[PDB]
A.B. asks: 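Just passing along the structure, written as structure tokens.
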Amino acid sequence: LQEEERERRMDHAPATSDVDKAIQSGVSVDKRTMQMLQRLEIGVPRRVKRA
Amino acid sequence: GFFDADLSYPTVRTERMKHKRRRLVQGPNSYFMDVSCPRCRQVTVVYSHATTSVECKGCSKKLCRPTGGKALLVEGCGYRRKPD
Amino acid sequence: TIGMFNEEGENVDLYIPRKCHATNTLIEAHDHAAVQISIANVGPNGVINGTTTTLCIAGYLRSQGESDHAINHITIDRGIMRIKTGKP
Amino acid sequence: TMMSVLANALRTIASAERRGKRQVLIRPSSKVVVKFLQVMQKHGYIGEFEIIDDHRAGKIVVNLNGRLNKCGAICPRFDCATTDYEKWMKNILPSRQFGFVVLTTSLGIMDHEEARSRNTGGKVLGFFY
Amino acid sequence: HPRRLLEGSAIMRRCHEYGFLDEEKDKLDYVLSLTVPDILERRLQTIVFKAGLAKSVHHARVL
Amino acid sequence: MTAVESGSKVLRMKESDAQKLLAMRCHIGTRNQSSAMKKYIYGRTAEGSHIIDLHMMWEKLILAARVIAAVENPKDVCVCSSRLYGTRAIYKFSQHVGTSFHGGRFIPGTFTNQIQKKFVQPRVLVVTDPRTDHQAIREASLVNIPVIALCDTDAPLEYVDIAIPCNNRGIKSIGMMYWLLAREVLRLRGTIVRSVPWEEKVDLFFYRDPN
Amino acid sequence: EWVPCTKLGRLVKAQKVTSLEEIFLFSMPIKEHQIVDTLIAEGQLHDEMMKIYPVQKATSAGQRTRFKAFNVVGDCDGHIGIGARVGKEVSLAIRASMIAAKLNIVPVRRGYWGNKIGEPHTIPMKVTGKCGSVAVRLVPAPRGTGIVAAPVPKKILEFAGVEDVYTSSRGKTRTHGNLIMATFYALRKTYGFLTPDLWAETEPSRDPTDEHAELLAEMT
RNA sequence: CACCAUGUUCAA
RNA sequence: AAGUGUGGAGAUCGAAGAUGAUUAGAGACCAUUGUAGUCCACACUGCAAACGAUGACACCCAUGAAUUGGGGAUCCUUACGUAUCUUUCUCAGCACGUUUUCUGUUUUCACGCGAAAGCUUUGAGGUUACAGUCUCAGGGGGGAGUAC
RNA sequence: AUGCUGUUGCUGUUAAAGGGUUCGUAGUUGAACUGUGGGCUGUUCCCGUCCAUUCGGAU
Ligand SMILES: *O[C@H]1[C@H](O)[C@@H](N)[C@@H](O[C@H]2[C@H](O[C@@H]3O[C@H](CO)[C@@H](O[C@H]4O[C@@H](CN)[C@@H](O)[C@H](O)[C@H]4N)[C@H]3O)[C@@H](O)[C@H](N)C[C@@H]2N)O[C@@H]1CO
Ligand SMILES: [Mg+2]
Ligand SMILES: [Mg+2]
Ligand SMILES: [Mg+2]
């Protein structure tokens, strides 16, 4: 019952996801990663940086 | 990944690394170059691994120096590699 | 038409066994690492169909570490998994 | 030093086939070792193979299809009369049903089954099954 | 082959002649299936018991 | 496995999908490198970390999903994690997809000791790590269970059939690979549709230190 | 009664898996000896004890003694199984080897020496099997040869359905623990050798636990 | 780091 | 290595031997010595656990740290990544870093093998599915490496 | 019986056994190549022009 209570208190998420708050500042990839993302069939994604 | 090695038609990355006799067909590493003398300026053909010390036939000077591998050309000389 | 016959054309042996799709190795009855993997054939809208592509791998090939290289080589041949990106 | 080039080639095929490879690189090659492989193609134990030209002895890249269990070379090349085929089948072959003993005869390099039909004898080269 | 047509038709002949194989068995693979009681049934001690001329098989060997 | 029989582009990675992978750092490998995962590396970055090819990540991700979606009775998939960072993600993948799940010490004999009362017989094992789940994999070698694994750059790939390359180390990186696989298996089944985004937040897949 | 625990024994008890070669096809471990005597008919399955010998463990204050019993099982139509268990009483280890020999049941490929005319009289190729140093080699024999073997391999080869065979044995055959299990390893290899009959491509099937997954969930 | 050698014959 | 011959040398350690001591005895260990020897020259010997208790020459053979010398770069993909610090003369230098590759001495690691211990591109693997070439030795323990 | 004489067919790290190392004759073994021909006739997707902007669409 303390395990059934704290399993309900833990399964709670904010309205904005931690991934949606991560894109909204920019993902800021590395040199090698950005040099890879030119090669893809989708190109370099939007909301990106090069650091 | 996702491309498998074909032993008949190996990758340029795989094949450039290999020893010259460990290639699929063995071949040279060396080449010829057209060396211009530092004074005197006349062109000479110098082998890349010239263990002898080649002389300028016009200048009378020696524009190469043997090493353990590739021979070292003198300072101030111009050279471009010849094909084949 | 697989397995030995009689000269009267009746299939004499019991149990024609499976063969590895990577190494063509006949899978024995005690080879308890030998697995079948069913991959869902999927349609144009990205939802699975009622048909699956099944590929079976021998037990020694999983034992060494070389099964994952073999599942790649099969699914490129079957056309299941793409070999490279398209051009940008 | 390398003594028998055919015994070298069949040993590298048999070794790479028990390892389950997809291709072998055979070095050096001969006219004998390609005539041995073309016996192994006709009864479908190997796939397509390719002879690379050096101005040396060549190299052969053989595509394996999983069907070969063991190929080997009998050294020295013992002389085999026509009455001696059933003796060589019981010694080096696993069964009378499958498996071939390759011989070099006057008519060519053939397996044991063809040479029995053409009523010829030869020196034994090797086997494949 | 000459040694199988001759001399393979001799061994099938003596099986049919002495009662080792009935006349349906003609393929030569039935000689490989003969047993020791298949031969012992053809002794005169056995037929004189089987034809009915004696009460027991030890009556037949006496007579 | 983003190649369908007709030839559509329905399964392929999109600029929204790959933007999530870059944000959650699930393409950064560790410093070390093994032979079997060497084909999945694109290149090495400065500070010596390995970068994983996002094509081969996505092709092995969808290939593992085309295997999980082709399982009627989804309880025959068992997904398991001995490392602590996985256990919350293992629970939420099991909730949306409907698979068995196990966390913590594996308790040997779960797959082989048949008179135990914790005896299960899955058809597909999904391990979070090939290394910390060595015991789950080694019993799958005994009772004919193929293995799906989230492999890092140095992974022992004996008995692993579909090795997914990712970053299984960090808390956000793990769970993003379970969100995206749960997001995908539900698409292949037809539960959710591919047009609208899957509303369910990734945050519940993340492990959170309850003390 | 017999309540099964494994999914294979649930399907054998429900007659969903009907024959024993449906288990051999998918490389499944048996794990329950009631599977075998259900699938094989009861009168067409013979067993008898190969060897019983005592093995001792030196302890403080004397020796511990347990008897190691060998059993062989199989109808004489291509199924063979050998199991070796141990026990304090000789009656327990004989009973435990019966349980063990059915779990190790395995098929025997049989073939022809010369022409093919009926049921196979012999093994289809030369095969050896090695346990310890004792390796026995089994060679195909002609149609009316018989089993030419030592009386410990000969009793195993009778239960495996092989009617005519040549046999060699290379080293320390008076150790019957390894002589028994080397005849078993050699007959087990008869479905391991890829012959040009089996070169053809066969269409894949579905596991009995794949196909009947909806029925097995109804036992829970 | 003083000295500290040995226990008849078979059998259980 | 010991040993031998003829010359040198002769410091130290030191078979033999001598004294102490320990011990039931001590012909031993321990302490003090001390001859031949140790060391060199020129001859002789040819006796090792002279070992990896593993004959030589080729072939194939999975993986990850290193190390020594030389060389080179900074539906099976048409190619690509470079730092550090010493520098008025055996100095167009030296060392390092990342990566190739040849040769050598190895190490924890896939098959396979072995009675096992273990071996494993450095085979003891590629072997009853037994043939690349040559060579030497063995055939229960002794007597006996003895006698002639 | 004895693959305990081994050509088939034995062993040699530890069970008996690789000889201290090189050179070396008799001996045995020894790399590739000069070629086996030809003619006729039988035998639904995806790639763009209209919508939308960290996730779509008719085509
Ligand atoms: O000849 C070499 C061979 O061509 C190559 N296969 C290589 O194998 C490895 C390589 O292993 C060695 O790692 C050593 C460094 O720790 C390196 O040695 C080298 O060191 C450099 C710096 N001193 C050189 O200057 C030096 O000349 C060179 N000996 C390598 O040899 C690894 O580095 C690779 N990561 C993987 C390769 N497979 O080894 C052969 C000689 O061992
Ligand atoms: Mg006394
Ligand atoms: Mg004292
Ligand atoms: Mg002194």
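So you know, we letter chains A, B, ... as the sequences are listed, proteins then strands, and number each from 1. First listed ligand is number 1; within each ligand, the first listed atom is number 1. A restricted portion of the entry is shown here, and the contact count covers that portion and nothing more.
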A.B. asks: How do the PDB entries name the drug found at ligand 1?
C.D. replies: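 At ligand 1, it's paromomycin (bound form).
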A.B. asks: Going by the PDB entry, what is the chain that binds paromomycin (bound form, ligand 1) with the most atom pairs under 4.5 Å called?
C.D. replies: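 Main binding partner here: ribosomal RNA 18S.
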A.B. asks: List the other chains that have a heavy atom under 4.0 Å from paromomycin (bound form, ligand 1).
C.D. replies: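 The other chains with a heavy atom that near are I.
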A.B. asks: Please list the residues near paromomycin (bound form, ligand 1), using 4.0 Å as the heavy-atom limit.
C.D. replies: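 Heavy-atom contacts: I:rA66, I:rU67, I:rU68, I:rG69, I:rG70, I:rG71, I:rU100, I:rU101, I:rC102, I:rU103, I:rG104.
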A.B. asks: Provide the covalent bond partner for paromomycin (bound form, ligand 1): one residue and one atom, or none.
C.D. replies: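 As deposited, the covalent bond from paromomycin (bound form, ligand 1) reaches I:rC102 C5.
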A.B. asks: The entry lists a source organism for RNA chain I; which one?
C.D. replies: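 The entry records the organism as Leishmania donovani.
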